[PDB]
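Structure note - flunixin present.
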Number of protein chains: 2
Amino acid sequence: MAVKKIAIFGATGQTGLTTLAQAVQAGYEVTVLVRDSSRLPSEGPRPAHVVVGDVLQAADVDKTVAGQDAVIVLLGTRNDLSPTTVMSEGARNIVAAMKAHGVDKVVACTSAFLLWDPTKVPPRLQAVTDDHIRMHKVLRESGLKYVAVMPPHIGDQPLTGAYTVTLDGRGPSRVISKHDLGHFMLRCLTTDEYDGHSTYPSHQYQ
Amino acid sequence: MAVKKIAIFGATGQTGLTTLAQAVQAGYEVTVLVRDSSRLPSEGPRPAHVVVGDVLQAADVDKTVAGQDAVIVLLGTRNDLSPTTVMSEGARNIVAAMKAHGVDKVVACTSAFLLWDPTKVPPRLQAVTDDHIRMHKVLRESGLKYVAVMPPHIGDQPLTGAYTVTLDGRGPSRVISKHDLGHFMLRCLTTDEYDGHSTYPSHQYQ
Ligand SMILES: NC(=O)c1ccc[n+]([C@@H]2O[C@H](COP(=O)([O-])OP(=O)(O)OC[C@H]3O[C@@H](n4cnc5c(N)ncnc54)[C@H](OP(=O)(O)O)[C@@H]3O)[C@@H](O)[C@H]2O)c1
Ligand SMILES: NC(=O)c1ccc[n+]([C@@H]2O[C@H](COP(=O)([O-])OP(=O)(O)OC[C@H]3O[C@@H](n4cnc5c(N)ncnc54)[C@H](OP(=O)(O)O)[C@@H]3O)[C@@H](O)[C@H]2O)c1
Ligand SMILES: Cc1c(Nc2ncccc2C(=O)O)cccc1C(F)(F)F
Ligand SMILES: Cc1c(Nc2ncccc2C(=O)O)cccc1C(F)(F)F
């Protein structure tokens, strides 16, 4: 089940950047889909392959997923306060391409709001949560090996590797470092214990 | 006074009103952003400039921050404990305005709960705290000269100017008077020793 080639979607984001950096240092052959190349830092850890394109364009997604061993999805639309379907339409383009190229493993990040009561969502975050739910459906109904990662507040604490993962629930803390989050994303490429589960990562920092 | 023009956000609120009163008394030229339905009281001290608008509108925050030397943030939700992003989104707008207009100094109020063990946050206060956490992260990673003011319970005790300021930890009492809290927000304008630090003002009133 060895995973060497991965595609990262959302590589230029807050979590994406440290996931990409960790993935490149751990030996992964990384393909990233970016809309603008000047957002990848020109120093240190760089991906092996850059596809310049858009996750809503099925051609770009197919070019990105071709010949991978697994996909990591760290898509976000931080700015959208009103109904939005970019992530879920991106998931559809990813699901379809995974199927046409025979890639069976996807690890995708939504949010811990999908595990807590709906009344916990702040009004201005309801649209992205609604599309998070829509993307979770696309991936769950796809048949693929899909690890759902639903993190709480994403912090800037240093990497620890010591976080807890509670399977289909909510655990001790309400924070995961972006570094620890990307670590867990990459850890999910090395096991099947989270396949078809919802994972909540959190850790007590200092 | 090097600092003489300041914007106060949340000047109509419980701490903001006494902070506005002390700032005018101390000779500051104060600009306030007020929501249309909630103007400052009739008999109260008059600021030098009033912008009517909303902290969620980037245009109104830009109008308020332009031409200022420094910014004080005392936004809140009154006694409304509902999930919100008004403080974090507003801080996002304040951060953008300050960078555009060349304002560096922002003194912003979140809460002592960002210094304490997260397991101790009372569940009734977690939603508002989750936004203080979002707001603090916005301001922390802004790169601006940001004083994180993290008070415990806000009381109605007198202005003393004799409170303790604890750096990057919990202090010796669990209360600060709204008047002392506002005194400290203004004290932070006259010194750079707290820039980049978290600050916990507390006092014993007797
Ligand atoms: N902030 C939190 O505390 C928190 C908590 C729980 C869950 N989450 C969720 O976790 C996920 C990742 O979080 P994050 O903050 O790391 O994301 P982020 O910083 O907002 O980055 C979003 C990524 O998705 C890319 N993207 C957006 N639309 C795209 C499109 N049409 N085509 C290609 N790429 C696109 C972005 O590319 P560009 O650089 O071009 O924009 C970027 O790389 C998000 O969905 C977020 O809602 C966040
Ligand atoms: N024991 C405590 O009370 C305590 C302890 C620790 C920390 N804190 C936190 O300290 C901060 C200040 O506390 P406080 O009691 O002085 O505040 P407050 O009385 O709740 O006042 C909130 C201020 O922010 C304004 N505001 C709210 N939404 C706005 C919007 N969209 N646009 C523009 N202005 C808006 C409000 O204006 P309007 O008049 O229009 O409403 C008001 O002036 C709060 O964030 C609070 O959560 C409180
Ligand atoms: C901030 C955020 C979140 N945040 C959370 N999600 C789950 C649990 C806790 C939180 C939190 O913020 O504490 C979720 C989706 C999108 C967004 C963003 F960046 F777009 F605004
Ligand atoms: C009361 C409150 C607090 N309270 C505290 N915060 C920090 C430390 C101690 C306390 C306390 O009151 O014991 C925090 C945020 C918002 C709110 C409010 F007014 F909106 F309800």
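As listed: the chains are lettered in turn, A, B, ..., one for each sequence line. Residue numbering for chain A follows the PDB entry, covering 1-206 in order. Numbering, chain B: per the PDB entry, residues 1-206 in sequence. Counting convention: from 1, in listed order, for ligands and their atoms alike. In what follows, every heavy atom counts, from backbone to side chain, and hydrogens, waters and symmetry copies are set aside.
The ligands or chains that make up flunixin in this structure: ligands 3 and 4. Bound to flunixin (ligand 3) with the most contacts here is the chain that the PDB entry lists as Flavin reductase (NADPH). At a heavy-atom cut-off of 4.0 Å, other chains contacting flunixin (ligand 3): A, B.
The shortest N or O to N or O distance between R134(B) and flunixin (ligand 3) is under 3.5 Å. Of the heavy atoms in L125(A), only side-chain atoms (C-beta onward) come closer than 4.0 Å to flunixin (ligand 3). Between flunixin (ligand 3) and the UniProt NADP(+)-binding residues of chain A, heavy-atom distances under 4.0 Å are seen for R78(A), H132(A), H153(A). Using 4.0 Å as the cut-off, the other ligands and ions neighbouring flunixin (ligand 3) are ligand 1 (NADP nicotinamide-adenine-dinucleotide phosphate).
Of the options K137(B), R170(A), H153(A), the smallest heavy-atom separation from atom 9 (C) of flunixin (ligand 3) is shown by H153(A). Within the 4.0 Å heavy-atom cutoff, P151(A) counts among the residues contacting flunixin (ligand 3).
In terms of protein heavy-atom proximity, atom 5 (C) of flunixin (ligand 3) is closest to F113(A) CE1, 3.5 Å.
Among all protein heavy atoms, the one lying closest to atom 15 (C) of flunixin (ligand 3) is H132(A) CE1, 4.0 Å. Close contacts of flunixin (ligand 3) with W116(A), meaning ligand atoms under 4.0 Å from a residue heavy atom, involve 8 (C), 9 (C). In this structure, the protein non-hydrogen atom closest to atom 19 (F) of flunixin (ligand 3) is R78(A) CG, 4.0 Å. In this structure, residues within 4.0 Å of flunixin (ligand 3) (heavy atoms) are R78(A), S111(A), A112(A), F113(A), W116(A), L125(A), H132(A), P151(A), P152(A), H153(A), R134(B).
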Contact table flunixin (ligand 3) N or O to protein N or O, d under 3.5 Å:
residue: flunixin (ligand 3); atom: 12 (O); partner: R134(B); partner atom: NH1; Å: 2.9
residue: flunixin (ligand 3); atom: 13 (O); partner: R134(B); partner atom: NH1; Å: 3.4

